[PDB]
Participant: 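Please find one structure pasted underneath; my questions will follow.
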Amino acid sequence: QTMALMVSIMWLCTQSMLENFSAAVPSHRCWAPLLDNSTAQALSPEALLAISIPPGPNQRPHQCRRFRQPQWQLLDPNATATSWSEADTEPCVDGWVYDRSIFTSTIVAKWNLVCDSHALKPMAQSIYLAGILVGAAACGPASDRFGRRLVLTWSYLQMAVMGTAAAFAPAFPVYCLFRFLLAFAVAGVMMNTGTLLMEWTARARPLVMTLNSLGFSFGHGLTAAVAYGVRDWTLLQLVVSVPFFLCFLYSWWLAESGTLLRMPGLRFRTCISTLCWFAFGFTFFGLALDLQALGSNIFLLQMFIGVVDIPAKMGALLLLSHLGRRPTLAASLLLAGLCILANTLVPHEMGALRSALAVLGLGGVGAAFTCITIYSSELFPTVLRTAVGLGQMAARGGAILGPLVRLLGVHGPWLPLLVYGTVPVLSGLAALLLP
Ligand SMILES: O=C(c1cc(Cl)c(O)c(Cl)c1)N1CS(=O)(=O)c2ccccc21
């Protein structure tokens, strides 16, 4: 049934977007004696925070440095500001405390993802996407040998097990391994769902496709409410993985009640298709995992993303039927690129406009994915149609490289978004030359 696959892809969407909320970084500072000790520390907590922690980014108290001694010189206005020396600070060693207003417990606040380990969250996303790649590369022969239903049930069981395991992970490497196995099973489910929806009915192939995307969509759209309802990441992952335990009931139908010629042949079409897939995967998995910086409210941002991505990718099929395949694809790619570029061009004070631009860019990359996945079925004849698998592998590689460019935020907060806006523009300019 199509409804079962839609529910499955919606829950896989919740599992995928779980990383955007469980790895959210709140405003943090490390333990200070004049702010977290007993009453003897004294009134005016802002003055205590100012004299105990030097200023930092965005004219805020430094989230990564603490004063070893209380600097009373900055509190009295008669003295010159920024008079403290660098030697008076200590490397924020006494452990970090986090704001429990928005999120009560996250993977950043649990394992102390701080300056020295700030690359762990993008490294965790990269490990997840590498697990996705390994699963997509491995479950192929497994599905061809052991059957699609058996590997589907095994992947569902693995998703459930790894979800319940990562919900209670005591260490960071163990959590990374759990996420790697969960991503392996996610990729297995993805491959099986794609292989089944490609040939269950198909003329109706574009309709079925539009459909699994209206899918991941209703998804991010429902995962925002789930993240808003459950403030603890452990119980959040638990209640996200329980639906997979429920879907495991359909195992065994209720108990019975090669192709390397894609590179030399059509090399131009092959490289262009792989470039578009790489660009889409890169942009999507680089933007959909850092929504905290793209908007002011992550939940409202995701809800707006979904409610605007529904009609865009709905009319994407009308555009494909009326205007063609290449023109609408190039137009959507250029629109997404221009939106992500204007997201950096606009100042950060226009939060609503930044959120709107991010939503428009995500809708554009979704429409571009729809266009390219409809066009890949006609770029190559039946003899060459594993070009689709090669494009999928290229998109997975782009997804993997996605979080790796986010490390450039030290050189500037706009560089990752600058790349996320520049890559789709070049992708559309290259796809414009398609026949
Ligand atoms: O990862 C993939 C993916 C990769 C390949 Cl190679 C595929 O063939 C397919 Cl169908 C999906 N995503 C991530 S997503 O947000 O679910 C999402 C939403 C909409 C379209 C694709 C897609």
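Along the sequence shown, residues are numbered consecutively beginning with 1. In what follows, every heavy atom counts, from backbone to side chain, and hydrogens, waters and symmetry copies are set aside. Note that ligands are numbered from 1 as they come in the structure, with each ligand's atoms numbered from 1 the same way.
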Participant: Drug at ligand 1 - which one is it?
Facilitator: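 It's recorded as dotinurad.
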Participant: Which chain contacts dotinurad the most here, in the terms used by the PDB entry?
Facilitator: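 The largest share of contacts goes to Solute carrier family 22 member 12.
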Participant: Quick one: what's the source organism for chain A in the PDB entry?
Facilitator: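 The deposit names Homo sapiens.
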Participant: For dotinurad, which UniProt-numbered transmembrane segments of chain A (counting from the N terminus) have a heavy atom within less than 4.0 Å?
Facilitator: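 On UniProt's list for chain A, heavy atoms under 4.0 Å occur in 4, 5, 7, 8, 10, 11.
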